[PDB]
Enquirer: 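Following up with a structure containing acetazolamide.
Positions are given from 1, in the same order as the sequence printed here. Atom set for the values below is all heavy atoms of this structure, side chains included, hydrogens, waters and symmetry mates excluded. Every number for a ligand or one of its atoms is a count from 1 in the order of the listing.
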Amino acid sequence: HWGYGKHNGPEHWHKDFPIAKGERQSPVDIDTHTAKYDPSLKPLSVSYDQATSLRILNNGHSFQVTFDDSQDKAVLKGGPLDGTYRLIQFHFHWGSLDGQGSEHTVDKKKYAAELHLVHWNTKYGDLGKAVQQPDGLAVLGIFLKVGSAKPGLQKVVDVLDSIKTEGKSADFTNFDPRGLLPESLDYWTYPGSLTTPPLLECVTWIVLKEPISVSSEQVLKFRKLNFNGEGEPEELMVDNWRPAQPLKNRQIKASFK
Ligand SMILES: CC(=O)Nc1nnc(S(N)(=O)=O)s1
Ligand SMILES: [Zn+2]
């Protein structure tokens, strides 16, 4: 079973998942001076008004809030995307201290954490089918830095005590993911992959330039979670991020001048 530690972490993943050394792996460093502004790109369309959250879950590598994706309800359109992508889940990656935790980096800068809102392309019918297609997923990535509290995150942190260990879940209905968004929807975009095994190269990445700020107390709660299942030696869920991968033959485009 893969993980983030010395003997099962990111440098080991290629053995069970050889795509780990593929041509479109994520995350990557975003070099702000090399990324080209592309005026053909469109405004992102984030329509989360009808979002229906279901559960919050510790899956052993992060915690995720899941959504009902049986019909168009919370979807992402526009930007670099064709067609409609339904929100299935969001999760975070974070560090043991504030100077690391994000998966993408900006001019080698590491953020305290990174939020991933995962959406799949409706023209493939289900998530399972979408992940086997180069345009099957759109993941919206948002950086977190430490400062002021993020009110829309507080309902999430208040429940983390209840899902401390792997496998634990709780009801998490009536959560509005709009409260996790920054003001500007300016973004970078590039073709990439899932950043956890099986690391499938099925993702259009859309990373927002403006981070959201969260308080030290909020991110502290992230760090109290556990990779392990109940009763096992406590091994803190921290530094669950994959480092930046080779960009290779890819261009990162900017939606803004
Ligand atoms: C079903 C599903 O969402 N699988 C994922 N694997 N990696 C993801 S990430 N870290 O790139 O957002 S999402
Ligand atoms: Zn992720």
Enquirer: Could you help me spot every copy of acetazolamide here?
Expert: ligand 1
Enquirer: What would the PDB entry call the macromolecule that lies against acetazolamide (ligand 1) with the most contacts here?
Expert: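 Main binding partner here: Carbonic anhydrase 2.
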Enquirer: Which atoms of acetazolamide (ligand 1) have any heavy atom of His93 under 4.0 Å away?
Expert: 10 (N)
Enquirer: Among the residues UniProt annotates as active site in chain A, which one lies closest to acetazolamide (ligand 1), and what is the minimum heavy-atom distance to the nearest 1 Å?
Expert: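 Closest UniProt active-site residue (heavy-atom distance): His61, 6 Å.
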Enquirer: Quick check on contacts: which atoms of acetazolamide (ligand 1) are under 4.0 angstrom from a heavy atom of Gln89?
Expert: 2 (C), 3 (O)
Enquirer: What protein heavy atom is closest to atom 13 (S) of acetazolamide (ligand 1), reported as residue, atom name and distance in Å?
Expert: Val118 CG2, 3.8 Å
Enquirer: Specify the protein heavy atom at minimum distance from atom 5 (C) of acetazolamide (ligand 1): its residue, its atom name, and the distance to 0.1 Å.
Expert: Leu194 CD2, 3.8 Å
Enquirer: Could you check which UniProt substrate-binding residues of chain A come within less than 4.0 Å of acetazolamide (ligand 1), heavy atoms only?
Expert: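 Among UniProt's substrate binders, a heavy atom under 4.0 Å is found in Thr195, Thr196.
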Enquirer: What's sitting near acetazolamide (ligand 1)? I mean other ligands or ions under 4.0 Å from that drug.
Expert: ligand 2 (zinc ion)
Enquirer: Which of the atoms of acetazolamide (ligand 1) are close to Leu127, meaning less than 4.0 Å from one of its heavy atoms?
Expert: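 What qualifies from acetazolamide (ligand 1) is 1 (C).
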Enquirer: Which organism, per the PDB entry, is the source of chain A?
Expert: Homo sapiens
Enquirer: Quick one: does acetazolamide (ligand 1) sit under 4.0 Å from the side chain of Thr195, the backbone, both or neither, non-hydrogen atoms only?
Expert: both
Enquirer: Within the 4.0 Å heavy-atom shell around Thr196, which atoms of acetazolamide (ligand 1) are there?
Expert: 6 (N), 7 (N)
Enquirer: Is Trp205 touching acetazolamide (ligand 1) with its side chain, its backbone, both, or neither, if touching means heavy atoms under 4.0 Å apart?
Expert: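 Contact part for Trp205 vs acetazolamide (ligand 1): side chain (C-beta onward).
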Enquirer: So if I look at chain A around acetazolamide (ligand 1), which UniProt domain am I mostly seeing?
Expert: Alpha-carbonic anhydrase
Enquirer: For atom 12 (O) of acetazolamide (ligand 1), grab the closest protein heavy atom and report residue, atom and distance to one decimal in Å.
Expert: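 Here the closest protein heavy atom is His91 CE1, 3.2 Å.
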Enquirer: Checking heavy atoms only, which UniProt-annotated Zn(2+)-binding residues of chain A fall inside 4.0 Å of acetazolamide (ligand 1)?
Expert: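 In chain A, UniProt binders with a non-hydrogen atom that close: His91, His93, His116.
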Enquirer: Could you help me out with the residues around acetazolamide (ligand 1)? Anything with a heavy atom closer than 4.0 Å counts.
Expert: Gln89, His91, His93, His116, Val118, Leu127, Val139, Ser193, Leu194, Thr195, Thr196, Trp205
